[PDB]
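The structure appears right after this line, and notes come after that.
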Amino acid sequence: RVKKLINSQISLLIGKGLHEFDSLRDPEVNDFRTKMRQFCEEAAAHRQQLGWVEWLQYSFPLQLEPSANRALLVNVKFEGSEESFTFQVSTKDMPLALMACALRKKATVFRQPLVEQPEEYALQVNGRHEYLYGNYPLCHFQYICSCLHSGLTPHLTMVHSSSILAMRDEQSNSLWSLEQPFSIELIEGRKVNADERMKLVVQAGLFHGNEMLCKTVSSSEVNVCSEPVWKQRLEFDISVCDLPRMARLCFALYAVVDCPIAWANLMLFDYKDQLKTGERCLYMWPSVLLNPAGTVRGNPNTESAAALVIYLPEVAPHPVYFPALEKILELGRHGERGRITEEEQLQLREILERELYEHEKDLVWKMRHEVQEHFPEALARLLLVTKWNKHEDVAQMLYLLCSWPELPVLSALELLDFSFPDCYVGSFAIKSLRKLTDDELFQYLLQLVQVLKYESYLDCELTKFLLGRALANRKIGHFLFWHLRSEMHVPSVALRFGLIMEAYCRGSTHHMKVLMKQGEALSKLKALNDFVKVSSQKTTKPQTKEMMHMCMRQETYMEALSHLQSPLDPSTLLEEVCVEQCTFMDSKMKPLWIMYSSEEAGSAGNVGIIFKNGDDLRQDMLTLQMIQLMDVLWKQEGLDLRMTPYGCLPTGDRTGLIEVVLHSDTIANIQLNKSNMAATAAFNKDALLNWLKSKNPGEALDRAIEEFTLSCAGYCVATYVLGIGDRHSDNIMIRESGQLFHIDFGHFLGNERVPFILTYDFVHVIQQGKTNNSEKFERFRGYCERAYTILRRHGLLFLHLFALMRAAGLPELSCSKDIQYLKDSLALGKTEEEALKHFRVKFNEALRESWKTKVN
Ligand SMILES: CC(C)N1CCN(Cc2cnc(-c3cc(-c4cccc5[nH]ccc45)cc4[nH]ncc34)o2)CC1
C-alpha cells in the first residue's frame, strides 16, 4: 500500500514513470536500481540513528564565512513561548555562551533553578531552516555576518535536543591471447533521410576518450535509400588484445556528392567487463562528424531515429572478459627504471613544471618512475603520453597508478576530464576527491553532475560518491536533485538522471515529499505564467496583474504556492504568499515576481522569487556560480568586494527561479530622473548619486559610496575575466546600501574579446561627484588589480571547472576556443609583473573609453 504510493510519488517527482525503466528489460538498468536502492536504504538507516547534533549537520549544515572585540545586539527566545530577551553580546562569543546567557534570563523570569545546561540546545535562526552551533564565534556565521553589515539585529530561538530528535524521528523512511585485427560487420542502415542526388558514407573511429586508438575507417559509397545495405567488413589497425577497457566504437553516417546526418557510439566491453558479440542495433542521434564525447546509449525515439545494424564478431569460442586488476598489476610489475643524466633530468623538470613534442612525450614515458616519486602532481601529463592502444603500456601505467599517492582536490578535478576515461584513473580521481568538504563539494557540484554525462556506464564511482554525500547532507541532496530534475527533457540524459533521482528518493522518503511540494508550486507557476503571457497580449498590465491575483487567490493556488522550502535555498522558507505584492516583468517571456512573508521570521521572511519560463537559465547560473567562487577566493585572501551572490536555479525545460534582491533597482530606472522624487537631478550624472544620498542620509553616504566602489571593482573584474557583454543600465542593479550587481546574462566568453569596461556614471560615484578625485579613483584601480591578481593564482581552478562544463550542452561553451578566452583574460601564460602590466594597459584603455563621456 505504501510501497505503491512511494513508487507513483517518485514517478511524478522525477517526471518519468518507474514502469518505463522495467519496460526496457536492460540488465544494466536492473542492476543499478537494485545495487543503488540497497546503498541508499543503508544510508537512510544510518541516519535515523545519528545523534541530535549529528542530525543538525545533515539537515541544517552550517553556513560559515569563507574565513571561518565589537558590541552586538541579539534577540533570543524559546520554542514554546512568544516571550523573547535582547542580549548585548560580542562577535567573538561562541553560540554556547549565548545559550548559557539565554537560559540565565529564563531562570530569573520563571524563578526555577533551570535543570538545562547550554550544551543540551541549538540556536535556530527565526523562521529559517538555519542553525548556529559548533565552536565558531558569532561573526564566523553567514547570518550574523550579513546582520553586521545591514545593521539589523539577529533573531534566534532556543531549540532543545529532544525537539531536534522529534524531527529526526518524524522524518523517518583471455583477451591478451587474441592478436587478430579488431573488425566489425556493417550490415545495414535503416530509416535514413537524405538527398537522392547523393551517396551514404559510414565513418567509424575507435577512441579512448578524446584520443584515437587507430586511424578512422570509411565504408564504401552506397546510393541514398531509407534502408541502405552494406554487409561489409571494416578492419581497424589495432589487435583485439590491445583494445583498452574504456574503448568506444564511434559511428558517423553522412551524405556525399560533407553532409552530416546522424552519429552513434557504443562501449566495446559491457558493464560486466565482457567484450561484446552478436548483432547490434544502434539507434542514431542527429548531427549538427565522428563524436567520441557523445553518449554510448541509443536514441530512445526508436520510431523516428535512424538505426544502423552492425555485427561484433566472435573473437573466441567462449566469452571474453577484460583481464582482472591482479593480471594487470602482474604484467605491469615488470620493466626498467628511470636511469638518465642530470641534463635530461633538467629538461624533464622544465617540461613537468611548465602541450609537448613527440620526443618530449618519449622522455615523460621513459622517466615514469621519477614522475611517480618526484613529480606526483604531474600524473595527468603522464596519462596523456601513455599509449592507450598498447596493452603492455596501459598495464605499466596502471601499476604505477595503484601505488600513486593521493593528489590535491585541484589535480583530482582535472582527472575527471573526458581526457582520462579509464575507470581505475577515475576511481583514483574520486579517492583524491573524498577529502572535499561539504562546502567545497557544493561549490563544484554543478560541474560534477555534468561529468555524469561523460560516464560510460550507470553504476560508476562518481554516482555512488555523489549519492553518498547527498544522503549525508540535505542541502547537497537538494541541489543534486534539481540539477538532475532540470535535464529530464533531454533524451540523452533522462534515463541516467531518472535512475539517480529514484535511488536518492529511496534514501530520503521525507525529502522526496518536501521536493514534491516544490514541484507542485513550480507546476502552478508555469500555468500562471502561461495565463499572464496570453492575457498580456489582450489587455492592459493593471488588468492582467489583477486577474493573475484572482487566479492566485484560488484554493488550489493558495495551497500549492505556500509553505514550502525554496528551490533556490532550502534554508529559505516561503511561507505566506503576498498576492498583492506579486506581479510580472514586461520582457518577452513575462517573468513572474512572487513575494512571500512569514511572521515567525519577521523581516527575514520577507522574500521573493522570480519565475521565468521560455528562456534558458543554465548560463546565468554558471556565470553567477563563477562570480560567487571569485568572491569566495577573494574573501579567503581578506578581500571583501561586497558582492551580491543571489540564487539562480534552472528547474525544467527553459524553466527556473531567480532570487529577488529587495531594496535594489536598475541603473536604468534610477536614471529615468522622474519628477516629484527625492533623487530628481539638475544633471543626469547626479541621479545615481542623489538616489544614493536619498537612501543613505548623513554619515551613511560614505559607506554607500564605498560599498559601490568595492562591488564595482569586483563586477568590472568578474565581467572582464568571464567576458560578459551586452552590459547596459537595464541589466546593472544598485542596492540601497550602495552595492552594485549584474542581472540577465545572455552572452559570456566573448561570443568576441569583450574589453574591460569602465563607465563614467559609476566613476562619477567613485569620485564622490567630483570631476577629479585621484584619491578615490586610484583606490578603486587598486581594488581592481588586487582582485584580478587573486583570480590568476587560481587560474587552473577556473580552467579545470570550465573544462568539466563542456559536457553541459551550452552553445557558448562547446570547444577549446572558449577555454582559451579564460587563459587570455587571466593572462595565464605571463608572469604576475607581465599580466599586471597587460591589465593596466586594458584598464587605462577602459578609462580613455570612459573619458569620451567625460569630454562630452
Ligand atoms: C515589483 C516591483 C516593485 N519591482 C520590480 C523589479 N524592479 C527592479 C528589477 C528589475 N529587474 C530586476 C531583477 C531581475 C533579475 C533577473 C531577470 C532575468 C534574468 C536574470 N538572470 C539573473 C538575474 C535575472 C533578477 C533579480 N533579482 N532581484 C531583482 C532582479 O529587478 C524593482 C521594482
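In this chain, residues are counted from 1 in sequence order. FYI, side chains are in, hydrogens and waters are out, and symmetry mates aren't considered; it's all heavy atoms of this structure. The header says X-ray crystallography, 2.4 Å. When a ligand or atom number is given, it counts from 1 through the structure's own listing order.
Modeled at ligand 1 is a drug that PDB records call GSK2269557. The chain in largest contact with GSK2269557 (ligand 1) bears the name, in UniProt, of Phosphatidylinositol 4,5-bisphosphate 3-kinase catalytic subunit delta isoform. On a distance-only criterion, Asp620 and GSK2269557 (ligand 1) share at least one N/O pair closer than 3.5 Å. Remark: minimum distance from atom 10 (C) of GSK2269557 (ligand 1) to any protein heavy atom is reached at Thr666 CG2, 3.8 Å. In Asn669, neither the side chain nor the backbone holds a heavy atom less than 4.0 Å from any atom of GSK2269557 (ligand 1).
At the top of the distance list for atom 18 (C) of GSK2269557 (ligand 1), counting protein heavy atoms only, stands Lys612 NZ, 3.3 Å. For GSK2269557 (ligand 1) and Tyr646, the ligand atoms under 4.0 Å from any heavy atom of the residue are 22 (C), 23 (C). With respect to atom 28 (N) of GSK2269557 (ligand 1), the closest heavy atom belonging to the protein is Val661 N, 2.9 Å. Of all protein heavy atoms, the one closest to atom 27 (N) of GSK2269557 (ligand 1) is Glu659 O, 2.8 Å. Under 4.0 Å from GSK2269557 (ligand 1), not a single heavy atom of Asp615 appears. Under 4.0 angstrom from GSK2269557 (ligand 1), there are no non-hydrogen atoms of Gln581. For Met585, the heavy-atom gap to GSK2269557 (ligand 1) drops under 4.0 angstrom. Within a 4.0 Å radius of atom 1 (C) of GSK2269557 (ligand 1), the protein has at least one heavy atom.
Among all non-hydrogen protein atoms, the one lying nearest atom 11 (N) of GSK2269557 (ligand 1) is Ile743 CD1, 3.7 Å.
Lab note: most residues of chain A in contact with GSK2269557 (ligand 1) fall in UniProt domain PI3K/PI4K catalytic. When hydrogens are left out, the protein atom nearest atom 33 (C) of GSK2269557 (ligand 1) is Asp665 OD1, 4.5 Å; that is the closest non-hydrogen contact. Protein heavy atom in closest approach to atom 12 (C) of GSK2269557 (ligand 1): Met733 SD, 3.5 Å. The nearest non-hydrogen atom to atom 30 (C) of GSK2269557 (ligand 1), considering only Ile610, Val660, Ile658, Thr644, comes from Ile610. The residues lying within 4.0 Å of GSK2269557 (ligand 1), counted on heavy atoms, are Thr583, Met585, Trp593, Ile610, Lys612, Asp620, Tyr646, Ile658, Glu659, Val660, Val661, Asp665, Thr666, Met733, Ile743, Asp744.
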